[PDB]
Structure formats: structure tokens, C-alpha cells
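Lab note: alpha-1,4-glucan lyase isozyme 1, acarbose bound.
Start at 1 with the first residue, then count along the sequence. One-based numbering, in listed order, for ligands and for the atoms of each. Because only heavy atoms are used, hydrogens play no part in the values below, and waters and symmetry mates are left out as well, while side chains stay in.
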Amino acid sequence: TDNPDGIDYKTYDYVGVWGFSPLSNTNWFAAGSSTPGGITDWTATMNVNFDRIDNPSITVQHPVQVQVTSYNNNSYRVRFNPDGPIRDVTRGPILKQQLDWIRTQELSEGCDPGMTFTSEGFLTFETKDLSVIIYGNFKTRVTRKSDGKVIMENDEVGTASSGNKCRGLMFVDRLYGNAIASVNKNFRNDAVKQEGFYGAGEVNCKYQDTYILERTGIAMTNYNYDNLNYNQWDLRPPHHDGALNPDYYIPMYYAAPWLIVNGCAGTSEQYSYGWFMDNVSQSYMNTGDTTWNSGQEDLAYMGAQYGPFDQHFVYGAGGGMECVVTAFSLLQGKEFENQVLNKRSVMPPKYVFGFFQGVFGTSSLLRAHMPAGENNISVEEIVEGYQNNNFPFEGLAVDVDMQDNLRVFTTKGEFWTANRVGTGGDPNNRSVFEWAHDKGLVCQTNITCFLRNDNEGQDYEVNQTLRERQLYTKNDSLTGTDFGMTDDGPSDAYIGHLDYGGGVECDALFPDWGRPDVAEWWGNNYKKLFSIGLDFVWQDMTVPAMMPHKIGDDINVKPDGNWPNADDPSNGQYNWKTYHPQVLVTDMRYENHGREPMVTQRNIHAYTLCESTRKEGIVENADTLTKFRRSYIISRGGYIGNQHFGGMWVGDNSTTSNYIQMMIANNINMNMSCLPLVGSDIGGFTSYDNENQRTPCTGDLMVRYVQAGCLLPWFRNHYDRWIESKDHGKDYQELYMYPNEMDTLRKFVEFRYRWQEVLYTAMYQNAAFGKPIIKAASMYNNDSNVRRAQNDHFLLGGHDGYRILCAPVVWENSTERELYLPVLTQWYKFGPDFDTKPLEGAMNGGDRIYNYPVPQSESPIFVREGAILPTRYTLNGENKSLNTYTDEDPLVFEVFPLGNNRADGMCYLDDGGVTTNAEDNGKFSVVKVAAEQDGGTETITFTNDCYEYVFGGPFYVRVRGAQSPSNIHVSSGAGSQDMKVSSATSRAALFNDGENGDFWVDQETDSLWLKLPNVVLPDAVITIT
Ligand SMILES: C[C@H]1O[C@H](O[C@H]2[C@H](O)[C@@H](O)[C@@H](O[C@H]3[C@H](O)[C@@H](O)[C@H](O)O[C@@H]3CO)O[C@@H]2CO)[C@H](O)[C@@H](O)[C@@H]1N[C@H]1C=C(CO)[C@@H](O)[C@H](O)[C@H]1O
């Protein structure tokens, strides 16, 4: 039952953006005419005639569905299959039942889009603030009720005499290909509109010498790659000479055919809409890039190498780009599952927000058992470096080093306290993870879906059980292609190779995910790791990232590095560093459907791998997790929607100023693509010095790299380590190996740690409401100067999520930067210095300052007026892992200067992930807090949205700029108590000795500290007179 729809597959190789050419018109079909086709529900059908743009006498008929997806969040949808029936996928970001729920709810509220056909046969409908008309040839116009503004319209190519053809719908004559595509007008050169496109996951784009955030006038592609340095040689343009820098026509780790359009920016008449082409074969986004005549300046499109054609336009409930993001997240929501917490994504354990050292080149757990080898390091030495130097440190990212000769899901003797593999729980032979637990730390470890094959007779249960149940991808192809074979077999299995450099490699098999019983099988395997202490997951080589290889060559032999190329094209022989594209894999998009070649769903493999570690690994086997029941995944690849499995790190960056910039833009863009909890390796993964690869990150680059990411969602220093056993990489990169910079380094980690609940809460605001943790400058509304500052200015935190503004310096050996404060509000210089000192005067928003000074010891980070921030200090004053925090380590609602005599704050509370009762049973709290000045009385009010988690220790209000009071009244469900002056004279003595109901006047920081009991948290009126 392979290929049920009779597809003839014309394309298998990687087609660069330069080989994708729908504005070509030749051999392309576009809508020319239609007759109406009925409406049930909110799906209308138009029976559309597609004409060959280059010979319109040739026509075919296919039906197109036009579905309103959310009246309230102004989103609809267009799809059609030109290769067969129209078909609801069963795995993906947008599922039927989440659409069906949204619609049902909205119907109960009595929303009517009034999907109707005029007499002429045109389709008209309405969403909340938008109206839409679609003409005969599919010419689509999207107007905005309030000001009549056309905010979006598709494009039309005229012909010699056959009328006009809407390129809003295009597929290639199935005689010549399978590509699809869709075209809009693009007002990026409109004097008043100045359209600007955004999003597109991990794409990178250079301008002059600087990496930027905007994705306008450029030709991108989604094509998940093993793209080490974001600039892999094989991904270069035809006939490209010299080095290849990362750039926009190079695909990355994550598949996001998604674009957020923002025109008439920062003014009354502004509009934003998102654009998801839901497809998982190689996709394209072209924002009007003339390079290679691939696009035209005044048009934009999306497209794919294969079908079917499914596409979403999401305008959002209201003003600003952010709302596009949140509505998009709704469409992928889990409201239909009655998720009480995880609606828009799954919440990680608190601990996932702390600092992690990853090392590629440890070679034992402890020093006592470390084999002799030049520059070898043990885990024990790392933990020692950090712990001894009072670094706030969370734990390790153990690599394949630990595995037994690269056998995913196992460990070798060296990574245990007693030099042998235990079944664990033996206190005289703890595994890495268990020892790690006793040090306070937690770990992820690396898991690929690569199952060793060259085992040398040696027994490896995970590969053996894959062969038995035939759960491996088979070597069949509709082309008779020979992918190679070894002596280990089996005879009918796809056998790829895994190369990590310097002879660290092996043959491998792989999970044919499509198959049923495969996700169960995958999942139960993580038990071999959970029962030994593994906290969370490090999902890698997810592409699958296999070794380059030419059909015909041996399995362990890759091609010449310069192959393939324009003069010597692949011609169906290159594997593009993964399965040779022809391999028949079982469908991952439609279940019980048959087998397709991988070329048709390449961009789904990692999503699907991630889905399975989630549902079948972490969730089903939570019983076997040890110290924490909740868990997470940090993944390298995936596709839109992946946020419901965990988050992302941007694979293999490097150690240069450019990569810092890139990491930030990437972060910001990944947020607006519904992946909030991502980040890039701090300090860079790969070597960088061309004379001597072993040279490690400079101190100053290390400071800027940490300063820039110390408030990004995922914070992890990871790197390729040179050791005798692996002759590529750098000497060291751990924070503690920098004596000169240690103090700056560490204080910026402590600082993140004090703002831990800020991250936690923002994350909650993402699960609950879908808000991006990190916020493009252009998300701040009514500001005509945020856009120019958008490459390196970003915001996060607070009740609304726009309370902290970061503008990290992005160049090595640099002590200034151009700073823009966003307008119509006040800002305050903050940082690790400002905890133990008074704030400086206000900074008037709307300012541009050239050469704003930033000594190495400082990053530009500001807190807005009106912010109240949940902060967290240790009781004993030391630095300790988040996961060892308990409710005795104070929680501090820091009120800042007031904004129009107002201030507000939100704080999510829950057990941390010790258990899954927050996501499972609604066991959490959401504390709100307000503050108002009224002549002489300031009223700080605590209310709750629910208080299901009982924060067990006293918490504090910290007022900034208000000193010694005449009285403080505290009102509570169990309060009617006046406050008395504490007898402690230091913050430390207030926390540890301080009496409940004690206020302390802090001269040093110009603050007033209120110590209150744990029971008044959910509800109180603090009046300060
Ligand atoms: C560890 C790493 O292994 C593989 O990376 C390869 C590159 O694919 C290959 O191009 C070559 O890279 C050199 C490149 O050719 C040259 O132009 C450049 O200047 O120098 C590069 C090396 O610095 O060799 C490297 C190996 O050294 C994989 O393709 C990568 O995915 C892989 N990174 C993975 C693997 C691990 C180990 O489990 C993780 O530590 C890491 O997080 C993950 O991203």
C-alpha cells in the first residue's frame, strides 16, 4: 500500500531557493476561474479551475476549501490537494479537533462569519474585525472594518488574452513536478506602508557586517539540516567562490514556514498578520528577493517541493505583532484536551531555567577513574570548578561520552562512582546522574534516534529489539536506489552512519516513526535512563543528522568535501546529510496511510521524534523518573508546534561576535514562531581560531556572550572539547576557567537567578496565553523608532511582559553601544550591580543615545516604571541550584518606581516540577499584585487567580524610593495587623531572624522591606501611610 495517491516523484535532491521559481510562470498552474461548491459549517468549497499560466487552454479542476478558523482571532485558512482527495493530517501543529473546539466555543458565543456566496459566485465572509471577499479567479482582498484598509491581497499575473490568473494558488503541472506555491502583493517599498516581514525560525541574515532581525526582501527555505556553523559548505549557492558566511538562503535546524507581516509600523493605522504554510516537505518563503530572479521586489510568496496545499492567515484579536503570535498558538492549542495548564505549550520544570554546563569530551564521572589522555576532563572537575567558585550552577549536559561505545540509552563504567554499570539505586555505585543529584544538580543527557549496528558481536538490546519487531526504516525505494549494506544487516534495513569527527563514528539503524508500536517502543527505552537518575532530555542529531554519503560509496565513506556542486550536481546520489531522499518511510503526517519517500515530509522527522519522547517517554514513564516527576526536552530540530514537547537550542554555533548577534535574533524570531524556550550555546559550540583550533573563547567575548543570554530562556554553556581521544575542539570554556572575568561572569548568573520567577512566570504566560517570552522591539506599539533598534533590542518580563528591556553589547572589545529607550514610558538602569545599591534617576523613554557607555562589567538592561518583579534570594546568602531551592529562600515582590502612580506584577507558583500535579490537577497559583499612590497613602494589593499551591515561607514587598513610614497596615483574610519596625538592620538578618510583620528601612538600597507571613500571599491590602 505504498504511495496510495499515484504520485510520480520528479524531485528528490535539495533545491536551493535559486532553483525555486514560481514567479517563473512556466509549467505552473494558477486559479483562472471558479463556480461555488457549497458550505457546511465554516468550510466553504470553491470548485476552482487551474490554468497553465503559459498556455491557458490547458485546464484542470480541483476543489479549494476556504475555512474560517477563528472569528474572534481573525484567522482563516485555504487548502486544496491537487494530487488527490483533501486530507486532514493526524499528526502536526494544527489538528482537526482543536479547530473544531475553537469553532464550537465561538458558536456558543454566537459568532457569525456569515460565510456566504454573492449572486456572482464570489465568496464573502467576516471575522471579528476583518471582512474578506474572494472572486472568481480566487483574487483575494482582506479589508479591515474600522478604517476600510486593505491589509492583505494576493497577486495576479495577466496573460495574452485569457483573463487574469491568481498566483494566490499555484501547483506545477504534475507532468513536470509536484511543487506548490502562493503569492501576495508585498508593500515593502510602499512609501507609507513600508511592509516588513518577520519570523522564519532560525534563519540568519547578514547586512554589511551585522546580523539582523528582519526577514524582508530575501529568499529563504525550510529544509532541516545538520548545519554546523549555520554555513555548511554543501549548502552554498551554485558556483560560490570563497568562504560561505551564514545567511538567509541557508536553511537551519528548525522548520518554520511562517511569516509575520508588519506594515504602517508604529502608528494609528498599523496592521499585522501571520502566514503559515503548513507543509513539511522542503518549503520556501520569499519576501521579494530578486537574487537569482527567484522573486520580484513587490511580491512575496511561500511554496513547497510537494503537497498538499494548506495555508493559514492569522491576523489576531487586536493590536500588535505579539497578538499574531498568541492567536497562532491558539490554533495549535490543547484547549480541546481540557489542558488545565498546558494550553499553548508544556511547562518545563523550574530547573530548566538555571545554568548548565555541557561538555563534548568528558571521559569519566570522577577523577579517580579518568583514563589518561591529553586534556581529558571529568565531570567531577567541572562541578568542582563551578561549585567551589560559588557559581549559581544547575548541573550538566552529559554527552555521548557517557554512552557505551556510542550506544544510545546506556552508560559505560567510567561514568559511575565505582567504575562499573549498575542497575542503579546502589549507594556504593552511583551513576553520573545520581552523584549529580547528591551535589544538588540535575542533568539532561544526549539522545539521538541512532541505534548502533556495527556491534562487533557484542550484545546491544536496543538495536536487537528493533530488528525483532521490524521497527526500523527499510531500504525500499520507488527508484531501485541502493543505499548501501554492511555485514551486520539486516538485509532490508536502511543503514546510515554517524560521524562526530576525529574517527568517532558508527553504522546505525533508525525508527520508522510512521509505524504504530514504534512510539511505544521508543518511549519505553528512556526507562533505562530514568531509573538511573536522568532528569531531562537532550534530543540531538534529529534530522536525522547522518554523515554525508554518495550512493555507491561504502557506508563509512563520505564524498569529497566539495561534492556535490553546480558543476557536478547530486543527481539523486547525495544523502544531504540524512536518509537518502528516496527512502520509503511510513507516513508521519497521515496515519495508516502507506509509505512515501522522505523527501515529502523531511521537515517532520524531528517533530515526530520529539512527540514520541514526550508522550511515550517522559509522560507515560513519569513513574520511573526519580527526583522530579515533570521533565522537559531540549531539542536541536523540529517543526512548528514542537513547543508542546519542550524547547530548543540552536545547534552548532561558534565563538565570534556574529554568533552572539545571531543567537539573539534567533531567540527573538523563535519566540514569535511559538518556540519561546530556546537559546543558543553560550560561548559558542565549535572552535574558531584558524591558526590553532584549540584556542578557547576570549574572556571579553565570554562576558558579552553570557550578558546577552543570561536572560534568554535556555541558558547553557556547551562546547566541543579537544581531548586526545577526539582531535577537534577547544581546550576549555567553563565559566570558572576565566580568572580575570570570574566576578563579572558569576554576578550575571546570580542576577538571572534572582529573576528566575520572572522567567518561570513568563513561561506560564506562554502556556496559558501563548505570549512570547522574548519580545521583538517591533512588538512595543506606537513607537516609530523600535524597528531600527530591533536587531539587538528586545523585551521581556513583568505582568504584561514588556517590563524589562535588554540591549546587550554585541561586539568583542567594545565599551559602548547605540541605545534606544522605547517611548511613552520611563526606564531604569538595572543589572547585577543594582540589587545592593539605589537606583539611578529615571531615563525618559523615547531617547536615542549614541555611544551609551557600557564597561565590560555591565550590560544594558532596564526595568520600566510600573514593574513589580518576583525575585528570589537564598536564605544563607550563598549560590545554590534552583532545583534545591525551597520555600524558605525568600520570595520578593520588588516594587519599582511608579508609572502614572500605578505598578503591577504577576507570579506563577508551583512545586517546581517535583511532581506533575500542576499540569495534571491544576495545583498551581497565580498571584497578582498592584500598587497605587494616592496623596499620602500607597496601597499594595495582593489578590490571586487561584491559590492551589501554598507557598510555604514568608515573602516580602520591596518598595523602591519610599523610605521610613508613619504606619503600615496589613489587611488579610486572617489579618488586621499593624506592622512594627523590625529590629534587624541587615537584609540578611531580616530574612533569617526577622519577625513576620517586620518592616526594615534599607538606607543602603533606598528601599523599604516588608516581611509578611506565607498565608497573606493570596489576598491582602497593605496600606503605607
Ligand atoms: C560534533 C558535531 O559532529 C558533526 O560536525 C562535523 C561537521 O558536520 C563537519 O562539517 C566538520 O566541521 C568542520 C567544518 O568542516 C569546517 O569548515 C569548520 O571550520 O570546522 C568544523 C569543525 O569545527 O566536522 C564536524 C565535527 O568536528 C555533526 O554533524 C554535528 O551535528 C555535531 N554536533 C552535534 C554532536 C554532539 C555530540 O553528541 C553535540 O555535542 C552537539 O550538541 C551537536 O550539535
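Acarbose, all copies counted: located at ligand 1. Near acarbose (ligand 1), within 4.0 Å on a heavy-atom basis, the structure shows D226, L228, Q232, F360, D399, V400, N446, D499, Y500, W538, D540, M541, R636, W649, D652, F685, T686, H718, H728. Of all atoms in acarbose (ligand 1), listed by their number and element, those nearer than 4.0 Å to a heavy atom of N446 are 38 (O). Checking atom 31 (O) of acarbose (ligand 1) against the protein gives a heavy-atom contact under 4.0 Å. Within the 4.0 Å cut-off (strictly below), no protein heavy atom is located near atom 17 (O) of acarbose (ligand 1). In this structure, atom 27 (O) of acarbose (ligand 1) is in close contact with the protein, since a protein heavy atom lies within 4.0 Å of it. Near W649, with a cut-off below 4.0 Å to any heavy atom, the atoms of acarbose (ligand 1) are 42 (O), 44 (O).
Scanning all protein heavy atoms for the shortest distance to atom 6 (C) of acarbose (ligand 1) gives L228 CD1, 3.9 Å. Protein heavy atoms are found less than 4.0 angstrom from atom 35 (C) of acarbose (ligand 1). Residue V400 has at least one heavy-atom neighbour below 4.0 Å for each of these atoms of acarbose (ligand 1): 38 (O). Counting protein heavy atoms under 4.0 angstrom from atom 42 (O) of acarbose (ligand 1) gives one or more. In summary, the atoms of acarbose (ligand 1) found under 4.0 Å from a heavy atom of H728, numbered by their order in the structure, are 26 (C), 27 (O). Protein heavy atoms all stay at least 4.0 Å away from atom 20 (O) of acarbose (ligand 1).
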